[PDB]
Amino acid sequence: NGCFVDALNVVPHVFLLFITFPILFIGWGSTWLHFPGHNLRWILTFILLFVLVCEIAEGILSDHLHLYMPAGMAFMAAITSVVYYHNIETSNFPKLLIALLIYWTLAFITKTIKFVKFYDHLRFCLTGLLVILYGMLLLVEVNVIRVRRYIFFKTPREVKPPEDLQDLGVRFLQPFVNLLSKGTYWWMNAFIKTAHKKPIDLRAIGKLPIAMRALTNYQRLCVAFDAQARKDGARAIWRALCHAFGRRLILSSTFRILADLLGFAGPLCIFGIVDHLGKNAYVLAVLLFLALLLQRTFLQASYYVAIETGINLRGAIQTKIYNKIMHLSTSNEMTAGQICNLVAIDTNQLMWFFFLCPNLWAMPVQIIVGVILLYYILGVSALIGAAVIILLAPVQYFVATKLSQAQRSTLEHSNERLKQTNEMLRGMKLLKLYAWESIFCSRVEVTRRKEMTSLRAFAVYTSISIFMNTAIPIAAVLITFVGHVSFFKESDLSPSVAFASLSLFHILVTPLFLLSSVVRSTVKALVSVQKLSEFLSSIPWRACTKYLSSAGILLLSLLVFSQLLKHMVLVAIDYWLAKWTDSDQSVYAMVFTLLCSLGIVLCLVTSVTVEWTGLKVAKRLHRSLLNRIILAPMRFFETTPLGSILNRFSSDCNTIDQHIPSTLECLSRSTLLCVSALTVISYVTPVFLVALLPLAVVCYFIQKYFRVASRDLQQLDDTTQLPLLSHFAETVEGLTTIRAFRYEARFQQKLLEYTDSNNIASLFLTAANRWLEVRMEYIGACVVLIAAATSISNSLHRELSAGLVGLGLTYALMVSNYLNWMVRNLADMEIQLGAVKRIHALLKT
Amino acid sequence: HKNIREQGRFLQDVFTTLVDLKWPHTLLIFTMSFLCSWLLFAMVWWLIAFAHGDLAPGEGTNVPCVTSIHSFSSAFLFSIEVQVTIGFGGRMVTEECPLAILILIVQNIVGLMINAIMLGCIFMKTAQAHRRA
Amino acid sequence: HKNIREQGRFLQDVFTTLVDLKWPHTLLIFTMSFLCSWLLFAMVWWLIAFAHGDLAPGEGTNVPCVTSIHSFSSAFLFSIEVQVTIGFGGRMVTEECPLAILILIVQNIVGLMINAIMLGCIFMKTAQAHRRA
Ligand SMILES: COc1ccc(Cl)cc1C(=O)NCCc1ccc(S(=O)(=O)NC(=O)NC2CCCCC2)cc1
């Protein structure tokens with residue numbers, strides 16, 4: 001009686017879905033109470049979601065409606081259980097919980113009957129997993145009734161909802177939300193929507209929870225330092241920090257490694273789909289969708305947990321070294337500058353190293369899984385390719401080091417220039433009273449040429465970096481595919497093999513760059529902690545239009561058309577590989593080699609173009625600014641403060657030279673790669689095009705609401721950084737007066753206040769970045785889901801063309817990362833262009 | 001109001017909560033009450049006719065607990081026929097199965113109770129005279 | 001009173017307006033509510049039986065969605081049979097057409113809602129104690 005047991009299973013889901021609707025409709029028509037097992041409940045509910053997807057897959061394979069209805073009903077039943085638990089977290093009851101418990105017991109009974117009747121005779125594993133999950137959720141409910149007094153005698157002795165994160169006005173509620181929103185940052189919707197209208201400020205911002213303050217982190221760190229020093233240094237302080245920050249860091253690291261595993265897993269199911277159609281695929285498509293969303297969610301949660309641990313550590317060691325500043329002796333100018341660098345660069349190094357700590361653990365497993373996976377797909381030839389990409393990682397590091405050296409030299413020259421300016425902008429009336437100004441401007445221009453000379457080598461190294469970035473992906477495929485078929489064994493290379501190798505090449509290129517910066521950050525952090533131990537123990541298109549018109553018509557088109565042609569080559573190589581796959585193999589491989597050479601030559605040309613153009617623009621802009629400032633009237637110089645006039649030259653110039661060319665290059669590459677990927681996934685499946693324009697319009701709404709806040713928070717950060725450092729300096733000089741007045745307590749209070757005001761800003765900023773990241777990624781996974789779902793049917797059932805699905809899947813598996821690069825670089829370019837606009841504001845004097 | 005220590009009394013006022021609502025929401029939740037109950041008992045009846053084996057189309061050696069029942073659709077028609085007390089009588093519940101007698105004797109009383117509350121509360125609503133305010 | 005800037009609240013008090021009325025007017029508007037609804041659904045049922053083609057008298061190759069329906073008159077008899085919950089059962093709605101199931105499942109709920117209001121408001125009326133004034 002199989003259908004009989006199927007119906008018997010359908011019944012309890014129906015019972016629960018029917019009782020949920022009155023209460024849900026009353027509730028749909030500010031104290032958060034959490035219960036033990038909440039996080040376990042949500043984890044188990046997501047596992048139920050997964051197993052139910054698998055059951056739906058089984059029902060599709062078998063088909064008989066009544067035979068696969070139980071899965072479709074348990075789906076809504078679990079979603080309604082989630083709705084119930086949200087309605088109970090928002091307002092507590094003893095009865096709604098019993099309402100859940102009844103359903104759990106009945107579903108367990110039905111599943112047991114299914115299991116018995118099966119034992120008497122794929123289904124087996126799924127039914128067993130569901131049984132185990134329902135049983136564990138039952139035990140969770142029993143724990144919940146055991147905790148409070150719903151079935152017990154009258155009173156609960158109920159907790160009294162937590163005042164830490166729910167009492168007096170606060171806004172950053174990360175630890176006090178639903179474990180789904182703890183992942184998807186849903187609580188930021190309200191903040192960002194309100195931020196769109198009203199400008200954010202410290203009165204509109206929250207206050208940090210008791211879970212993360214100066215006092216809390218200082219307390220944990222001093223407890224660890226005490227427990228380590230009572231057993232008596234650099235290693236000591238290190239182990240103290242380690243044992244003090246404990247579980248959060250390793251939790252982030254394991255989130256990260258699981259995400260890395262699933263990311264290495266994606267391309268293999270791509271490969272399986274490509275195999276199946278050329279010779280069980282819808283299941284692989286939905287599994288790919290699920291795995292993408294879960295992997296990226298875990299990656300983002302990992303990032304956030306690491307960032308928060310780092311912010312805790314910064315606050316802690318900052319207030320600690322300020323506590324040490326009170327007890328130091330007067331015999332120990334140079335020490336003050338060393339102290340304020342110990343807070344401005346050493347502490348930032350420590351905290352950014354703590355950002356990158358889990359990446360250092362997750363990188364080796366990533367490259368190992370990558371190489372072993374690509375070996376089993378391409379054989380011995382794979383190994384050869386696996387060398388080339390890896391060889392880029394040490395070289396990169398070398399390049400980076402050269403940059404640093406260059407930077408140092410340049411900085412020196414820059415400093416001297418500033419000196420030769422500070423005189424002219426002070427003896428203004430003296431200077432213009434006899435018109436010796438041109439004589440000094442000649443000297444100022446003499447310094448500028450030396451500065452320009454340094455910048456050439458720096459930008460050459462930047463060009464080499466950008467060149468290798470996109471050259472190694474091309475070279476890997478070149479020397480691998482040419483060295484696999486036409487060299488070793490003449491093995492027929494199915495489209496699946498080549499496209500899986502392509503996907504893995506990108507998924508391995510992305511982490512490789514980060515290892516170099518990680519090594520540099522780690523050694524620098526080691527040096528900075530040795531230092532700390534030695535111390536402690538003693539904008540419109542008009543701004544960009546003018547910026548690019550200062551370059552001239554000579555280089556504008558030379559840049560733009562070269563970029564367009566490089567991206568066209570980068571897509572055409574894969575387009576021709578698509579026809580290469582199905583099987584004149586030798587002629588095919590030769591054409592592939594020609595395309596590979598064109599790509600690298602064009603990339604080098606584009607990089608050199610960007611370098612030369614940026615340098616020329618900086619030159620002309622500086623000269624024009626100097627000339628326009630020279631011919632100003634005296635009353636203008638007397639009216640405007642010196643800080644603004646000097647500051648533009650001091651930073652604006654420096655900022656532009658250091659960051660505008662690289663960021664502009666990155667923005668251009670990102671936007672063109674995204675447009676190319678969209679065009680590829682459109683040409684592969686025509687109908688998919690018409691489905692992708694809706695989602696993209698969604699991104700437009702996600703753009704505005706982001707920038708109008710991301711800019712705002714940004715500037716707030718800057719402000720909370722300025723009085724903090726200055727405060728430090730004030731304590732160092734007048735140290736004797738402050739230790740004499742015995743005013744140490746009030747000043748320590750002020751510094752805790754300032755570090756809290758800094759942390760709230762630097763925390764909301766990372767929360768907003770996580771928000772934009774996760775939502776853009778969810779859409780980037782929706783697009784690949786829809787693309788694969790259209791490709792499996794349209795390109796197989798009717799079109800019956802296999803070279804198509806490869807390109808579409810390979811580009812849709814990665815379009816999301818290009819999208820994120822695009823949006824972030826766009827925000828940075830906008831803030832930098834807004835910085836540039838004030839130079840033109842000064843130009844019209 | 002901010003920071004209300006909700007101890008659940010907001011829903012504990014079960015009908016004095018929803019008699020406050022607008023008309024579309026209250027009409028929605030009333031139709032959802034009625035459809036919920038009807039579908040629940042239609043499912044249980046479908047199942048009981050399936051289980052007795054009267055659902056298996058056969059001539060002789062049996063009499064269905066509910067005469068002339070064929071599929072889920074006719075079963076839901078029987079549920080709405082007995083629940084809301086129209087009583088069409090094309091499908092007859094018979095004196096062969098006392099289990100069907102039990103399901104009827106609970107169906108009707110729950111139907112009558114939920115009808116009684118869903119009339120009292122709508123009347124308690126039509127004494128909304130705030131409009132006179 | 002003269003020159004009342006009517007913003008419509010005079011009718012916005014929909015039932016607290018008519019519970020003020022006399023008895024003949026209120027009885028008139030109640031019978032008009034009931035007859036209006038009955039005629040509406042009788043028309044839609046006539047049309048659906050016409051459209052399915054079950055209205056075309058034919059023996060075999062079909063079963064009418066509503067057994068034994070011939071003309072508009074018998075259709076209006078079916079409408080008043082299912083609406084006001086007498087349920088005569090001479091004409092049977094069948095499990096062949098789900099569209100008839102939908103029309104029944106909305107007919108009955110609207111019938112029940114308009115019955116509920118037309119009882120609550122008449123009771124809210126019988127608390128007219130101005131006669132005691
Ligand atoms: C570039 O990505 C990655 C890709 C892959 C891997 Cl395996 C690691 C990373 C990575 O970055 N490593 C984690 C550490 C990290 C650092 C910065 C960022 S972040 O996103 O650029 N910045 C923020 O979130 N907030 C900032 C933080 C500084 C104060 C101001 C707000 C995100 C994360």
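To find a chain, count down the sequence lines: A is the first, B the second, and so on, and within it residues start at 1. Because only heavy atoms are used, hydrogens play no part in the values below, and waters and symmetry mates are left out as well, while side chains stay in. One-based numbering, in listed order, for ligands and for the atoms of each. We show just part of the entry here, counting contacts only within that part.
- The drug or candidate drug modeled at ligand 1 is glibenclamide.
- Of the chains near glibenclamide, the one making the most contacts is recorded in the PDB entry as ATP-binding cassette sub-family C member 8 isoform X2.
- Going by heavy atoms, the other chains that come closer than 4.0 Å to glibenclamide are A.
- The authors modeled no covalent bond from glibenclamide to a chain.
- By the deposit information, the source of chain A is Mesocricetus auratus.
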